[PDB]
Structure formats: C-alpha cells, structure tokens
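A structure with sildenafil.
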Amino acid sequence: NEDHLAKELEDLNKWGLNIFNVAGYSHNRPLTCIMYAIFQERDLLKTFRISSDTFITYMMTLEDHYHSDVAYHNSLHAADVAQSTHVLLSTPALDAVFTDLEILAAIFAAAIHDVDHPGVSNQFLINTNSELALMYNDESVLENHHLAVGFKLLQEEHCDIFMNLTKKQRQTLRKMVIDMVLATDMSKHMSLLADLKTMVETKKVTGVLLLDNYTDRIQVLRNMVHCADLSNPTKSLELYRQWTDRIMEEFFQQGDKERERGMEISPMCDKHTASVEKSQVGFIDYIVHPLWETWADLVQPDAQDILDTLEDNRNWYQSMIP
Ligand SMILES: CCCc1nn(C)c2c(=O)[nH]c(-c3cc(S(=O)(=O)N4CCN(C)CC4)ccc3OCC)nc12
Ligand SMILES: [Mg+2]
Ligand SMILES: [Zn+2]
C-alpha cells in the first residue's frame, strides 16, 4: 500500500486518475496526498518558496476540517476538484494564458472550496435559522464559510503557506480565491453559464486563447473551478457511480432531517419517492451538459473526449430507468 499509491499517481495529469484508490493507499489522506503531488508536479513549492513541512501541516489541517461523516462533501471531493482543476489548467487551448499566481490560486481554491461543509445546503441552513445563515445574511452562506475557514487556517505562521509571496501577490491571490469559491455557489450557475457563452461568442486565438485583461482571465478561472466542481458525471462511469451514490446518500440524509422537523421536503432529497437514475439524467441535461458543452466549445477540441463520456454516462443512466 505504497507502490500501489505511486502506480495510481502516474495518472496525476489525467482525467482518469482514481482518487478513491489514492484515498485507500494514502491512509485516508487523499487531499494532503493529491495537493502535495500537484504542487511538486508544477514546481509551486519552489516557485513560491513554500516550505514542504508548512504545506503538509496546513493541508493535513484543512483536510481535518472536512467532515468524515458526510457522504459527499468530505476531503475526497476537495481532492477530486483540486486534481480535476489541475488537469483543466493544462488544457492545450489555455497553455500559456495564466500566470503562476493565477494557477496557484485556482488549485488552492479547489482544495478549500467546501471546507467545513455540514452536509446540508444553503437553503436548509437558511430555513432552519442556523448560526451560519445569521452570520452571512442568507447570501452564499456555505461558500463564504469555506473561504473563512480556509483563510483562517493561514493566520498562524506554522501554517502560512503564502508567507514568502509579495504583499501585492497575497492581495491578488486572496481576491482571486474569494472570487472562484463564491462562484461554486450553485445559485450563480446560470449567471456563470451566460457569461461563459458570451466569451465563446467573442473568442480570439493564435491555437491558444486571447484574454485581454483580468476580467476575462478570472471569468474563465471561475468557470473552470465550477466545471471541476460539477465534473463527476464526465468521469468514467465506474467513478461517476460512486460519486452519485455519495451525493444521494447525503441528499437523502438531509431530507430525513427535514422530515424530523416538519418542513417541506424537496422531491429530489426524498428517499421514498425519488429516482436516483432520473434525477442524474435531469442533472445532466439541465445543468452539467449545457455547461460542459459550452466549456468544450471554448477549448475545442480539447474537451471532446470529456463530452462524449458525459453523453455516454447520461445514456447509461437513462437506460437504467424502467
Ligand atoms: C440531483 C443531482 C445529483 C448530483 N449528482 N452529482 C454527482 C452531483 C454534484 O456533483 N452536484 C450536485 C448539486 C446540485 C445542486 S442543484 O442546484 O441541482 N439542486 C438544488 C435543489 N435541490 C433540492 C436539488 C439539487 C446544488 C448543489 C450540488 O452540489 C454541490 C455543488 N448534485 C449532484
Ligand atoms: Mg460547494
Ligand atoms: Zn464542491
């Protein structure tokens, strides 16, 4: 259970990495593990002078703030999203486009984007008057929280992995990370899809994309991490079904919490009524495919592989409904 880990890590730069396998061969530290692997592969610890033991201790601690008892939003998902972002950042069509600071930001954001997630939605927290909804005034409650926890763990010197960055670089990195994580709030999905469509319709090239200013670059990065977040169904069917099983256990866990309390249960989180299979088809047709077809458009043909699989998996789930 150490050579197996290195064998699985050869696919670090591939969509086909199996994060459940690395979780198993890493003594259940998939996020610490994958984040160290990625930072080395990109020479980020050297480029930004991050001490290796500082990095390990931060990551072990960030990972410890992902809850083991939530089915989906644990450190396995942060790891999956970080690694998925790492791959999209290498898409040939975006080759030389982002600074190393922008690259650092995207990967760090992916790693923290769901830290301390309680396993319930923004809507539940708001309708139960939770302390978190009061803190954040019902706006992007969880996403604001995830950013707060992530940045709060940097406050201590033994853990400030951004210590040797310029003062200006910490401000831009912080502005960028805030922007990317807030962009994972699913109630911003349509707003993000619309803007991504506008950039496809006005795209320049060389065959590498032209992004004139910051507003363009961070708008791609927001959509990248959102795509990474919502990339489960574009993975090979074996992985996608494990993710489907996790997310649905979590959602049914929440509908049970809604039933215990007499509030109305949303059809999709109802374990007595809801079809797992039909809800995945709907999830794909109305959210995931519209988004990944557009991302595919922006980077074509780099993402055509992902789009075929997405479509294949979609058809597999459709033909599992009676
Ligand atoms: C119903 C789709 C189930 C599902 N499978 N997978 C793999 C995912 C996923 O990665 N994300 C989400 C997801 C969906 C919404 S949703 O907007 O489609 N939606 C809100 C209203 N409820 C009642 C249902 C879900 C909101 C947040 C999510 O995950 C955290 C980012 N759902 C699934
Ligand atoms: Mg989230
Ligand atoms: Zn997420």
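Using the numbering of the PDB entry, the residues shown for chain A are 162-367, 370-485, in order. So how was this one determined? The header says X-ray crystallography, 2.3 Å. Side-chain atoms are counted along with the backbone in the values below, which use heavy atoms only and exclude waters and symmetry mates. In listed order, ligands and their atoms are each counted from 1.
- The structure holds sildenafil at ligand 1.
- In this PDB structure, UniProt names the chief binding partner of sildenafil as 3',5'-cyclic-AMP phosphodiesterase 4B.
- With non-hydrogen distances under 4.0 Å, the site around sildenafil consists of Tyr233, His234, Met347, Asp392, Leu393, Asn395, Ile410, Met411, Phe414, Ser429, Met431, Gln443, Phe446, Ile450.
- Residue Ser429 approaches sildenafil through these ligand atoms, each under 4.0 Å from one of its heavy atoms: 23 (C).
- Most residues contacting sildenafil in chain A map to the UniProt domain PDEase.
- At least one N/O-N/O distance between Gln443 and sildenafil falls below 3.5 Å.
- Heavy atoms only, to 1 Å: the UniProt active-site residue in chain A nearest to sildenafil comes out as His234, 4 Å.
- Using a 4.0 Å heavy-atom cut-off, the UniProt 3',5'-cyclic AMP-binding residues of chain A near sildenafil come down to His234, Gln443, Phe446.
- Between sildenafil and the UniProt Zn(2+)-binding residues of chain A, heavy-atom distances under 4.0 Å are seen for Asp392.
- Contact atoms of sildenafil toward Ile410: 4 (C), 5 (N), 6 (N), 8 (C), 33 (C) (distance under 4.0 Å to a heavy atom of the residue).
- For sildenafil, the atoms sitting less than 4.0 Å from at least one non-hydrogen atom of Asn395 are 7 (C), 10 (O), numbered in the order shown with element in parentheses.
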